[PDB]
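Drug present: avibactam (bound form).
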Amino acid sequence: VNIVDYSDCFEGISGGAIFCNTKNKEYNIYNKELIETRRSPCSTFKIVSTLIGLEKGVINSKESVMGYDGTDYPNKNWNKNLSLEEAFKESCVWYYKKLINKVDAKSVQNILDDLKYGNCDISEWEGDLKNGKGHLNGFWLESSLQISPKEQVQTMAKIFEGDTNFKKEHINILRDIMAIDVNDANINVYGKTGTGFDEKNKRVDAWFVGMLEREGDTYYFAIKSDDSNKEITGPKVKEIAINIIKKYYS
Ligand SMILES: *C(=O)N1C[C@H](NOS(=O)(=O)O)CC[C@H]1C(N)=O
């Protein structure tokens, strides 16, 4: 466990980062207190909910559809019978809500327990209804489920090193749709952003979680902001993560 200083890449935004290489058990931590604090995963939960849907047969491949019903949404890409790959990349809430609501709560509880997914608290299945957004909510969106950045990395490592019971074919579908382009062919980066606002504490929950493969070694990472500036989003923290990767992990 090496404490590191990545502040220069955070451009004055408050947050922290953790990178773990499981071959040599090298844990690099910036802002240890934040890295151990549990927070709502927001859209980073799509990493796990995709695997749940695959395991239960609700979806089967990166082409799988969830039967769009014609409901009007402001994001033009949500207004179609989109595939799993497009729903993941466009963060289509209705698709992932419909997916999870086809799965019984016991099954979800047991999968989260097996993954040690933070507090594994799905008690508020419907999510944070007081925000007025009705069915666009759920337990993983600023609600009962909370996970620390360190626990995110531990979960990613267990999934993608083959240490869970999820099928290898399903893990590879996730890998496929998580891959991003960082304009550097010499590193493979995979990840997912998440964005929420913590109304109790008036701070953002802005995430980028994933992995990086660079010539033999693999690092699992979580970058997290808790800034009070509402302009700080998941996509903003992904930019910060990319800067760290290129500066320190290239
Ligand atoms: C997940 O965090 N969400 C879904 C959607 N996309 O998030 S992302 O841009 O961070 O990937 C919008 C934000 C958030 C939500 N409001 O549900």
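Throughout, chain A uses the PDB entry numbering, with the displayed residues spanning 60-309 in order. Numbering of ligands and ligand atoms starts at 1, following listing order. Just the heavy atoms: all of them, side chains too, but no hydrogens, waters or symmetry mates, feed the values below.
The largest share of close contacts with avibactam (bound form) comes from the chain named in the PDB entry as Beta-lactamase.
Proximity to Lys251 (heavy-atom distance under 4.0 Å) selects the following atoms of avibactam (bound form): 11 (O).
Residue-to-ligand polar distances keep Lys105 apart from avibactam (bound form): every N/O pair is separated by 3.5 Å or more. Of the protein's heavy atoms, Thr252 OG1, 3.3 Å lies nearest to atom 8 (S) of avibactam (bound form). Per the entry, the organism of origin for chain A is Clostridioides difficile.
When only non-hydrogen protein atoms are considered, atom 10 (O) of avibactam (bound form) lies nearest to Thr254 OG1, 3.0 Å.
For atom 12 (C) of avibactam (bound form), no protein non-hydrogen atom is found at a distance below 4.0 Å.
Nearest protein heavy-atom contact of atom 17 (O) of avibactam (bound form) is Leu200 CD2, 3.7 Å.
Close approach to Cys101 involves these atoms of avibactam (bound form), each under 4.0 Å from a residue heavy atom: 2 (O). With respect to atom 16 (N) of avibactam (bound form), the closest heavy atom belonging to the protein is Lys192 NZ, 4.1 Å. The model tethers avibactam (bound form) through a covalent bond to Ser102 OG. Residue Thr292 does not touch avibactam (bound form), judged by heavy-atom distances below 4.0 Å.
For avibactam (bound form), the atoms lying closer than 4.0 Å to a non-hydrogen atom of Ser102 are 1 (C), 2 (O), 3 (N), 4 (C), 5 (C), 6 (N), 7 (O), 14 (C). Measured on heavy atoms with a 4.0 Å cut-off, the binding site of avibactam (bound form) is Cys101, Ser102, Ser150, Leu200, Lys251, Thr252, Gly253, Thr254, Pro294.
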For avibactam (bound form), list all ligand N or O to protein N or O distances below 3.5 Å, rounded to 0.1 Å.
residue: avibactam (bound form); atom: 2 (O); partner: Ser102; partner atom: N; Å: 2.8
residue: avibactam (bound form); atom: 2 (O); partner: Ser102; partner atom: OG; Å: 2.3
residue: avibactam (bound form); atom: 2 (O); partner: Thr254; partner atom: N; Å: 2.9
residue: avibactam (bound form); atom: 2 (O); partner: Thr254; partner atom: O; Å: 3.2
residue: avibactam (bound form); atom: 3 (N); partner: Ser102; partner atom: OG; Å: 2.3
residue: avibactam (bound form); atom: 6 (N); partner: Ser150; partner atom: OG; Å: 3.2
residue: avibactam (bound form); atom: 7 (O); partner: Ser102; partner atom: OG; Å: 3.3
residue: avibactam (bound form); atom: 10 (O); partner: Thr252; partner atom: OG1; Å: 3.2
residue: avibactam (bound form); atom: 10 (O); partner: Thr254; partner atom: N; Å: 3.3
residue: avibactam (bound form); atom: 10 (O); partner: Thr254; partner atom: OG1; Å: 3.0
residue: avibactam (bound form); atom: 11 (O); partner: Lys251; partner atom: NZ; Å: 2.9
residue: avibactam (bound form); atom: 11 (O); partner: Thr252; partner atom: OG1; Å: 2.5

